[PDB]
Engineer: 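Hey, got a structure here with clarithromycin, can you help?
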Amino acid sequence: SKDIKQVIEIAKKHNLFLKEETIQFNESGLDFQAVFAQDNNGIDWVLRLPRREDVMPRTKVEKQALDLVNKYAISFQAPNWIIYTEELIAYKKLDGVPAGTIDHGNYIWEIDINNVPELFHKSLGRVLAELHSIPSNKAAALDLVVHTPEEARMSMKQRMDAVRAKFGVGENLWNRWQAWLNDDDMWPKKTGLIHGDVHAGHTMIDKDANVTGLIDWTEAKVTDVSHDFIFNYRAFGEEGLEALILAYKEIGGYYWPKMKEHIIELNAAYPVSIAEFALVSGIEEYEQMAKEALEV
Ligand SMILES: CC[C@H]1OC(=O)[C@H](C)[C@@H](O[C@H]2C[C@@](C)(OC)[C@@H](O)[C@H](C)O2)[C@H](C)[C@@H](O[C@@H]2O[C@H](C)C[C@H](N(C)C)[C@H]2O)[C@](C)(OC)C[C@@H](C)C(=O)[C@H](C)[C@@H](O)[C@]1(C)O
Ligand SMILES: Nc1nc2c(ncn2[C@@H]2O[C@H](COP(=O)(O)OP(=O)(O)O)[C@@H](O)[C@H]2O)c(=O)[nH]1
Ligand SMILES: [Mg+2]
Ligand SMILES: [Mg+2]
């Protein structure tokens, strides 16, 4: 195959020598095609073949976030792009498997959704508490979005007005959104470095369902940490949200009395993210997903 021979040559050009029979393709990918391959010392790698120009400006923020994680974090792994060029990005595969993969819509689960091991919530609590306390201020140059607690609140307020302008928002839903925005007690008084896209496809687990790593850091930023709890609530209901909040609080993560209620209101604002995604991607189902999510 030509594809295979191409993978081999781009790797070879970056001093990566692979077993040809181990090369698997993960279908593009507007930005890049993911390729998995084992080098000749037997080490599993992940390759990102770029499909757009300006790889460096487009990956700058994700790389800065990864540099912070690889410099500070010990409880979990993250991609370490030891090959980082316009022609190729490559990192040694993280240990474990995704807790679940998105259907190519629904999850194909690796854990028992009806009997979630408590170690998943315990280890994820430790992982996010460490992540969210990484000292991103100590970096000389950070191009991530950085919110104070009040900036994180206005950001949501503005993002909500913009979605209402392009799609409209159901009256009951909009009133809920506004009530949340206008409740001082609910909002966190501390922000932190977040992953931004925490879900089962990005949480690497070992055999015991300990979360051992996190992939795909494109949504990283310094803002409300609550975004990283939403998956537990969507996938596992109130029990899994509480279990995660409990472990995060007891290992030292920033906790506030209305944390659960705040995260649940952030969940009701998920149509904002779906609307925003439908806007910068043009994929037809997400417009219908957006419109139906907005109750319009
Ligand atoms: C429980 C089960 C359901 O899972 C979820 O609710 C997750 C916990 C989501 O994260 C929640 C929580 C959230 C924080 O993200 C992790 C939040 O941003 C998001 C909108 O919804 C997803 C992972 C969202 O993806 C994310 O949508 C973003 C718009 C862009 C992100 N990425 C940069 C490409 C992308 O991964 C997605 C839209 O679902 C609704 C994915 C879409 C394929 C579906 O509709 C799925 C069929 C889902 O209904 C689901 C599997 O059945
Ligand atoms: N097991 C494992 N899978 C990975 C790793 N990196 C990427 N993948 C898989 O490849 C997919 C795409 O990688 P990702 O970084 O999320 O890029 P994107 O989803 O295409 O934008 C993921 O959903 C994973 O299933 C890794 O280190 N370990
Ligand atoms: Mg991904
Ligand atoms: Mg991404």
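Count residues from 1 along the sequence. According to its header, the structure was obtained by X-ray crystallography, 2.1 Å. Keep in mind that the numbers below use all heavy atoms, side chains included, and drop hydrogens, waters and symmetry copies. Counting convention: from 1, in listed order, for ligands and their atoms alike.
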Engineer: Locate clarithromycin in the structure and give every matching ligand or chain.
Structural biologist: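 You'll find it at ligand 1.
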Engineer: Which chain is the chief contact partner of clarithromycin (ligand 1) here, under the naming of the PDB entry?
Structural biologist: Macrolide 2'-phosphotransferase II
Engineer: So which heavy atom in the protein is nearest atom 37 (C) of clarithromycin (ligand 1), and how far is it from that ligand atom?
Structural biologist: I274 CD1, 4.8 Å
Engineer: Heavy-atom pairs closer than 4.0 Å: do any link clarithromycin (ligand 1) to the side chain of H199, the backbone, both, or neither?
Structural biologist: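 Contact part for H199 vs clarithromycin (ligand 1): side chain (C-beta onward).
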Engineer: Hey, does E219 come in under 3.5 Å of clarithromycin (ligand 1), counting only N/O atoms on both sides?
Structural biologist: no
Engineer: Heavy-atom contacts under 4.0 Å between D103 and clarithromycin (ligand 1): side chain, backbone, both, or neither?
Structural biologist: neither
Engineer: Protein heavy atoms near atom 39 (O) of clarithromycin (ligand 1), is at least one of them under 4.0 angstrom away?
Structural biologist: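 Protein heavy atoms within 4.0 Å of atom 39 (O) of clarithromycin (ligand 1) - there are none.
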Engineer: Looking only at distances, can you tell me whether any N or O atom of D197, backbone or side chain, sits closer than 3.5 Å to an N or O atom of clarithromycin (ligand 1)?
Structural biologist: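 Yes; the residue has a nitrogen or oxygen that sits under 3.5 Å from a nitrogen or oxygen of the ligand.
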Engineer: Considering all protein heavy atoms, does one lie under 4.0 Å from atom 23 (C) of clarithromycin (ligand 1)?
Structural biologist: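 Yes; the ligand atom in question has protein heavy-atom contact below 4.0 Å.
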Engineer: For atom 14 (C) of clarithromycin (ligand 1), which protein heavy atom lies nearest, and how many Å away is it?
Structural biologist: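 The closest one turns out to be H227 O, 3.8 Å.
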Engineer: Suppose we measure from atom 43 (C) of clarithromycin (ligand 1) to each protein heavy atom; which comes out shortest, and what is that distance?
Structural biologist: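 The closest one turns out to be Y286 OH, 3.8 Å.
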Engineer: Among all protein heavy atoms, pick out the one at the shortest distance from atom 18 (O) of clarithromycin (ligand 1); state its residue, atom name and that distance to 0.1 Å.
Structural biologist: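 Residue, atom and distance for the closest contact: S273 OG, 4.0 Å.
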Engineer: Would you mind checking which non-hydrogen protein atom is closest to atom 52 (O) of clarithromycin (ligand 1), with the distance to 0.1 Å?
Structural biologist: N106 OD1, 3.7 Å
Engineer: Who's the nearest protein heavy-atom neighbour of atom 5 (C) of clarithromycin (ligand 1), and how far?
Structural biologist: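 Nearest neighbour among protein heavy atoms for atom 5 (C) of clarithromycin (ligand 1), to 0.1 Å: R234 NE, 4.0 Å.
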Engineer: For atom 50 (C) of clarithromycin (ligand 1), what is the closest protein heavy atom, and at what distance to 0.1 Å?
Structural biologist: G105 O, 4.7 Å
Engineer: Protein heavy-atom contact under 4.0 Å for atom 1 (C) of clarithromycin (ligand 1)?
Structural biologist: yes
Engineer: Which residues, given by chain and number, make up the 4.0 Å heavy-atom shell around clarithromycin (ligand 1)?
Structural biologist: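 Residues with a heavy atom in range: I102, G105, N106, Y107, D197, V198, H199, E219, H227, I230, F231, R234, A235, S273, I274, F277, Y286, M289.
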